[PDB]
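Caption: PDB structure containing actinomycin D.
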Amino acid sequence: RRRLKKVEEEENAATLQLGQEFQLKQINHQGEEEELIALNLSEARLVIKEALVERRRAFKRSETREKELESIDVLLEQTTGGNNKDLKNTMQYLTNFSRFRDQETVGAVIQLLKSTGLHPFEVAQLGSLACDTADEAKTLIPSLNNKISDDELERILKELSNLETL
Amino acid sequence: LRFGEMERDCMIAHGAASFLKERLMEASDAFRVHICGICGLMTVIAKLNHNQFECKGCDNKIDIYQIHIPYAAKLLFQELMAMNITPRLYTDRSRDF
Amino acid sequence: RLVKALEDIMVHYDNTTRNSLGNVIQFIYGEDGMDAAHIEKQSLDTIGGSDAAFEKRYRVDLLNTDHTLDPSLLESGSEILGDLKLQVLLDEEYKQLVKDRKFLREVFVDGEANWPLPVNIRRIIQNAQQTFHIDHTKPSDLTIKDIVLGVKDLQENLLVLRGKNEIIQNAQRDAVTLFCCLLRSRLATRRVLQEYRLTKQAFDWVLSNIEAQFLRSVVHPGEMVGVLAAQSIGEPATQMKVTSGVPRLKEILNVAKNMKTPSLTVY
Amino acid sequence: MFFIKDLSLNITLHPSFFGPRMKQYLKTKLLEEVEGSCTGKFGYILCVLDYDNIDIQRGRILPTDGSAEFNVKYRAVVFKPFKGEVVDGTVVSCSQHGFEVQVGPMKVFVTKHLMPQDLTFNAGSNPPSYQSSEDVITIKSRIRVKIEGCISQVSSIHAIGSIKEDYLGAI
Amino acid sequence: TXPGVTXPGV
Amino acid sequence: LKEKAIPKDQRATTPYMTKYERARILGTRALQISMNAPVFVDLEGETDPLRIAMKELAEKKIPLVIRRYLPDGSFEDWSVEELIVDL
Amino acid sequence: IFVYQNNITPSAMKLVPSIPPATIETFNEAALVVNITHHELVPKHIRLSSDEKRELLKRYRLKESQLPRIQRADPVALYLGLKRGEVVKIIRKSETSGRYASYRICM
Amino acid sequence: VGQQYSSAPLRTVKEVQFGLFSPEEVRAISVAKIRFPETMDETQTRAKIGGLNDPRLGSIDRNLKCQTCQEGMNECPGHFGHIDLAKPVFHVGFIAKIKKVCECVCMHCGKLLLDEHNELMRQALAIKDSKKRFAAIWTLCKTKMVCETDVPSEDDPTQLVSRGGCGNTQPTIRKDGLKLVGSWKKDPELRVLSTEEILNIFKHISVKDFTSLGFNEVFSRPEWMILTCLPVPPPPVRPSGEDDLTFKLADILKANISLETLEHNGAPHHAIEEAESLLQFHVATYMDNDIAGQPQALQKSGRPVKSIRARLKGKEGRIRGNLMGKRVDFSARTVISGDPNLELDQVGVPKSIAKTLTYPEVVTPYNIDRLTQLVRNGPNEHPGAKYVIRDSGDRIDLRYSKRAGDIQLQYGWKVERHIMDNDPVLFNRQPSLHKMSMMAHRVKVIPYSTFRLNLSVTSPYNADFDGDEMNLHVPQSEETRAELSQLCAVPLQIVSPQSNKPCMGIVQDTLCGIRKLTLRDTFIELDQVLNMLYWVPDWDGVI
Amino acid sequence: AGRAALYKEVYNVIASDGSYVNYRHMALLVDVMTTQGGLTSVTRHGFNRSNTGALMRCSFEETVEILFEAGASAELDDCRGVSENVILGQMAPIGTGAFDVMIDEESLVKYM
DNA sequence: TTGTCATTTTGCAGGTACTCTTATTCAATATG
RNA sequence: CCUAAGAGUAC
DNA sequence: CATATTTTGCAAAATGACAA
Ligand SMILES: [Mg+2]
Ligand SMILES: [Zn+2]
Ligand SMILES: [Zn+2]
Ligand SMILES: [Zn+2]
């Protein structure tokens, strides 16, 4: 309720104190509740590209890193206008640190991490970070301690590293 | 001229709500005052030219609203505050009808 | 004081009368849902008169001669006699009229016939008679089944509450029962065919206007009936053995344990 | 990290703007106002999803004013930095107090206090960089950094990061 | 009474 | 708000426009016309915004809806087009 | 129902509430000489069942407190043995319409 | 020019949540600590820093901006200060409530006396509304005068269950003026309950205990009924010849300083108690000067001081005198006269009144020409315009602007022009006991100094022409104009809902004439028949 | 029966001098006076002692005491009454204000 | 182990608008 | 300018 | 010589016993 000025804890991924508006369940615009899904770098980049191409098509009706950057710049200029410096920086950051290429690989990754039955924040971090070993991932992400077996995390990171291309 | 209580009652009986609001606000005294969503008090420092709104105590700067109330209403609320009463004004419902 | 007490009473879109807290004061405004400005004093014909006068006014028999109808009144006056279904219709209509007579005599113990009701049927009948030039000599084009079914459909069409459940339907019937009694009292088969001598188009026009005027007389949601009632009581007070007038009004509003003239009536 | 969230914005339209292209005006005015914006409640707001049919609803006329208040609901992609989160980035500048790393749309300033003692600033090289015993961190160099604090700023945000933990630095 | 002319009582 | 909105197929309010509804529609439309809102009807030379709104209402060319609020907070949406102006 | 002549000792009034669901109602014979329900001022009272009360609250979108109240000491409520929360339908011969139905919740 | 643009979102107040200031909230919202009773410094030309008119609370001079918000007196709401009281004092409006609360709570351990173990406490606590709960709890716990550290078991009155009681004996508390005196049962010992100890015992009441007493955990805790920090209202509340509130606040500061010095330098308990009583009296009379029994705090001129409660209550108080009803602009009042030649819904308006009262018409392509013509005519002749409101908020007075030349109107601007014929205007006669005594008429501008109205409309107004005055209000927007013409118009009021019959009729000369005209003896020759037929405006033209 | 007797008393008062008032006004008055289960008087100790909102209740009588009790009890006023909106200077939910006027984009496009 | 009955104190507010005129703002003793 | 008082107009 | 301070309408709530 109002609660006047209520105190709150400081956010920390170690404790997973993301926030009152970053809870696991969020009420969607349709009125029902959906799990808080988080996008990894490649998945977020694909989502951005899909949104931009859809916007470009709606306006119209009404791979290598260099060519990808040229295409995204041209499409950004054609679709939207100005004041997109933050968007341009995010887009180039995503293209530079692009862990995956197309829909098939990101879909396989997301379904694999869904099969892990783990927290969306943790699986998104695992998909984004390109870790190598298991203890390295555990020390990088404190939230993964005492949640999954060491061998299972190691092997799933092995498949993720195998799926890495370019 | 005095638009007394029972003139307001006659206008209510006529059902003309907007005319009553215009009589009580635009014709007499309309005051724009700023409040915050944390505490309903009017203790919001609003530097309009610099575009800076800040309620000290609540320590918020991004949760400010402006409302149009009669200056007599603002004076009544400030007098209640001076008399150790908090007439907190909120812009959303916390309870269902 | 009266205005402040009733200032927040309003008619809502479900026809209930509620205050600012949503408490139900009346489940329908004025117990009939009608705007006060659309109410006129009219006479209920069934409640008064004698039993013989009531039969002569309303009873119609197609198989006897004591209460038969003149065949010249309507076009098919020589074919209706000897019918069975039409006699059943007249039987149920007269039974309903008798039930209405008993009901009205129950409601008004003094037998007062003139009461304020929404739609003025008499003016509608006069307007139809003057508009369609009723010659009062030509046999009527109407059929009895037409009259009965038209009255029934008109009763079905007088809607005050638009809900679609048993509670709301019962409330609607309770709301329109008295006006339906008046309507059956006026648009009876004998009275239509003999006293007024409607035609088919004139009867349809009368039904349409009754329905339109009844729908137009329903109170509008959002009406501030509380302030209206407070003013309608207070203003006549300014024009003003047992205490009366302003002192009695003050004793009533200020509910006082001890009053000047406590009197009791024994029958 | 990047998320997608359900957001709502109130837009007031003048009476003069209720032509047949009102939907177009509302869609355009939602953009240029929230696209690429920044706030402390949701971090950065980068783009809007499902632009084909954004929920505009009906729109309420303000009494005595005539303007209409639409509560447009939409899906927005956001980037909210969080405490104790490891993220990749690129160094863009270095200074005496520390160095700035480009993470998405934000610049995280890692101070010289949050690095191992082997790494030291060096202004001799052009451009000045950070050089250690085993590796050197220069401009346009990939580096992984763990964010442990965030500072809300005007139309921007300057978080606090570190590389002191194991397996933090250039890849 | 009233007041005027509390209650009674109070 | 989805729970509040009574579905159109089972609205139980009067299909006739109330006097207050008509007054507010005429006032709102006149105020909008006074502020150069587009006109959806042809003008026969009339210049008063109120009578322009009256002409718009006469032939149901007002693109507004009434959100009738029930005492419990639920509401029904009635387009001006489908409301019957009998008064 | 206990029907007494003059009065009940208050030492017995305190033990009137027995173990539920058994309820004890006390009436004075002087108060029961004339049946109040036959008075023309007293309209018809019908107790509602739980399903009927639920339907009444559902159809009118009402809460418990928004209904008109009837005290749990009213002579008609004592006559019918109303318990708190139970709703009586009141049938009345109105003069604007023939029949009017009200509802009162016991408090 | 009004108020300039603000980027903050515009909403309407949906809920008003009441409560009490916590002292820490007062200290947080206050912008200055008031310490010096003086309002102006020794130079007598500027506001003293730290005085009662601190510039941080708002500017007392139109020439200077507020030191806090850097806004003029038009915009600045005024920002509160705070006075840190030397010792806690009772709030004069809560003393009775404080007595009830301390009579419901143990005066030593600070726990509610009758817990749920008592039979009647389940009934008391089951009550929903806070006020009824508190009434029941008080009327059952006022008679208990022992903390009852051990109580009979709820299951059976055989074994004893120990609760968190201390076993002390609660005193009987009365009020003697502005203080509470407690008499403990003699093992009576009478002593004045210090406000400090009552505050301490209030701060020890558990959350569950005082939430059953009606108090709120977030908005009103019982210990907040004791004043430790006084919120000082800004100068807008007490504009200057200082206001009564300023003098009372100066007295409060003087008493506070006296008590603080006495405590700091050491003094006999009698002097300390006297200073404390003086401070309590000053605070109480500042908030309420109409305390029964206690003498009124007189002003320097020997009259009672107008306290805040005096400002709020009464017919002329804030609520009834400035909020429920208030003086309004765009209103006229003058003597009324009858006119048989006016229509039922018409009202005759003197030309001077029509030249004074104005309506703002938005400049539109449909009315650019006539509005421009009215602007050209100016305010000195009727019809004409008095002001031109620009889209930027700047206002052009038609007087003194004829030198600048002709003004080019632009769409969206407003022309504030004289009310013309057929303008809907609300028309009233007071007291105005019913809605028909306040109706919408159409203006007809006439060349004499009285309002003119039809004879048939005098009955709903209860108006004669023996000196009656009537009031005229002009709507200032299209919405108000339209709803006034479509809801309050005179023809729509002919049939009153008061008695479902017409409220206007034929009266006075017309009634006598209509009786004399319709007699069987009355015959009219051709010439008079033609004149009478022509006098009927809608006569079809056939004899 | 008390409500019926109250209506009869008020009707007798009104019609003692021959004046006539429609039934529904007196019916509304006597229903308000008896809606709480007892005879609620039109006085400070009657209708003004409900939970109908502090701002509404203070506008009649005992203003400052009502405000003090509201502050101590932390009453929440939902501003559903006329007096609350009159004090706050906003359109009351009465008459023309008993509903919200909104814009249909689809109908507006459908016109042209 | 429970009713009884019989004196002494408990709070107050008065309709709606509107016009005009008149007086008065602590006096005086006391210290800087 | 405020306050108080008095006289008065229409109810 | 000038500013500062000394007519009206009651039902209860509360009280003092109390009685075995
Ligand atoms: Mg007169
Ligand atoms: Zn705040
Ligand atoms: Zn300021
Ligand atoms: Zn204790």
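Here is the naming used below: chain letters follow the sequence lines, and residue numbers restart at 1 for every chain. Per the header of the entry, the method used was electron microscopy, 2.5 Å. As a textbook-style caveat: the illustration shows part of the entry, and contacts are counted within that part alone. The basis for the numbers below is simple: all heavy atoms, side chains too, and nothing from hydrogens, waters or symmetry mates. Heads up: weird residues get written as their parent (or X), and the extra bits don't count toward contacts.
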Give the place of actinomycin D in the structure, all copies included. chain E
Of all chains near actinomycin D, which one has the greatest contact count, and what is it called in the PDB entry? NTS(non-template strand)
Which neighbouring chains have any non-hydrogen atom closer than 4.5 Å to actinomycin D? C, I, J, L
Please state the name of chain C according to the entry. DNA-directed RNA polymerase II subunit RPB1
